[PDB]
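Consider the following structure, which contains relebactam (bound form).
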Amino acid sequence: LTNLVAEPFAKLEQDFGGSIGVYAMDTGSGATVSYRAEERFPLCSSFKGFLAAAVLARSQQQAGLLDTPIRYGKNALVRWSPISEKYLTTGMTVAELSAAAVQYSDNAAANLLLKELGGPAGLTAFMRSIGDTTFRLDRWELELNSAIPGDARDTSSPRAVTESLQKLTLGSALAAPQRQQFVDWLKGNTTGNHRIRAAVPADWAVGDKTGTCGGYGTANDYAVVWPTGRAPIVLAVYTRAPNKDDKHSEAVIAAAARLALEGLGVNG
Ligand SMILES: *C(=O)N1C[C@H](NOS(=O)(=O)O)CC[C@H]1C(=O)NC1CCNCC1
């Protein structure tokens with residue numbers, strides 16, 4: 001049921017000037033669209049969705065975790081910490097840090113939560129526990145964004161991202177209350193309006209998490225999409241490019257998402 005209908009991904013990535021990786025699954029039928037789906041791409045900020053899921057998994061055994069207040073110093077505030085910079089003098093709860101990491105891609109929040117889990121290896125361990133053998137987080141923010149060609153650090157594949165996203169948002173990897181909280185955080189993301197969401201009709205629910213490394217044309221988005229009247233679709237779109245100064249393209253990500261939905265026969 002993979003690639004029953006061919007779509008012009010090669011032309012798209014040639015127009016972009018790099019590589020595009022796509023994996024999309026119709027959870028009703030199991031039909032899939034797959035293009036470079038098992039290649040590694042840098043995660044960039046997109047690890048923060050899985051980070052929040054790992055926090056929620058821990059909260060299943062720690063009823064007080066989400067409302068625990070976390071104070072932090074000015075040295076925690078790295079580039080692009082738009083929420084946590086406004087609460088430097090007060091602190092925020094674990095749940096607020098999680099929401100900020102997901103919905104505003106807040107870098108200081110992500111590092112604080114990584115510390116709670118035992119660092120990149122602790123998040124990687126959570127991903128292993130749900131059956132993901134591809135994901136690896138190796139470094140903290142901001143070092144994880146280097147996006148070096150051929151470097152497997154801080155990467156996954158579009159397929160493994162989609163499979164893990166499906167387990168966490170629709171499957172049984174989280175308990176039902178935590179699953180719905182993860183979905184609600186993704187639905188409230190503010191950074192993805194020009195990526196997968198731009199390919200999705202406004203009357204369909206979407207949750208997503210973006211990433212943009214800042215070099216090597218490297219940027220991405222993954223999402224769960226609920227078309228009305230049919231089963232949800234899960235998909236991931238990742239990009240990279242050969243030159244350090246190559247720019248990312250939001251339009252290419254939206255275009256790739258459109259081709260994925262077309263390949264699944266989903267009328268938008
Ligand atoms: C994530 O990849 N981020 C965090 C933030 N939001 O972008 S998004 O695409 O996740 O929404 C800014 C870009 C990126 C990031 O952390 N970039 C680093 C800091 C800015 N200079 C380049 C590296």
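Along the sequence shown, residues are numbered consecutively beginning with 1. Below, all heavy atoms of this structure are taken into account, side chains as well, without hydrogens, waters or symmetry copies. When a ligand or atom number is given, it counts from 1 through the structure's own listing order.
Looking only at contacts, the largest set of contacts to relebactam (bound form) comes from what the PDB entry names Beta-lactamase. The covalent attachment site of relebactam (bound form) is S45 OG.
Close approach to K48 involves these atoms of relebactam (bound form), each under 4.0 Å from a residue heavy atom: 4 (C). Remark: relebactam (bound form) atoms within the under-4.0 Å shell around heavy atoms of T210 are 8 (S), 9 (O), 10 (O), 11 (O).
If you number the atoms of relebactam (bound form) from 1 as listed, the ones under 4.0 Å from a heavy atom of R79 come out as 20 (C), 21 (N). Contact atoms of relebactam (bound form) toward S45: 1 (C), 2 (O), 3 (N), 4 (C), 10 (O), 14 (C) (distance under 4.0 Å to a heavy atom of the residue). Looking only at heavy atoms of the protein, atom 16 (O) of relebactam (bound form) is closest to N107 ND2, 3.0 Å.
For relebactam (bound form), one of its N or O atoms has an N or O atom of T212 under 3.5 Å away. Which parts of relebactam (bound form) touch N145 is read off a 4.0 Å heavy-atom cut-off, strictly below it: atoms 16 (O), 18 (C). Every atom of relebactam (bound form) is numbered from 1 in the order shown, and the set under 4.0 Å from a heavy atom of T191 is 11 (O).
Within the listing of relebactam (bound form), atoms 10 (O) sit less than 4.0 angstrom from a heavy atom of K209. Geometrically, relebactam (bound form) and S46 share no nitrogen or oxygen pair separated by less than 3.5 Å.
The contact set between relebactam (bound form) and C213, taken as ligand atoms under 4.0 Å from a residue heavy atom, comprises 22 (C), 23 (C). Residues touching relebactam (bound form) within 4.0 Å, heavy atoms only: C44, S45, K48, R79, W80, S105, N107, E141, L142, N145, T191, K209, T210, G211, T212, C213.
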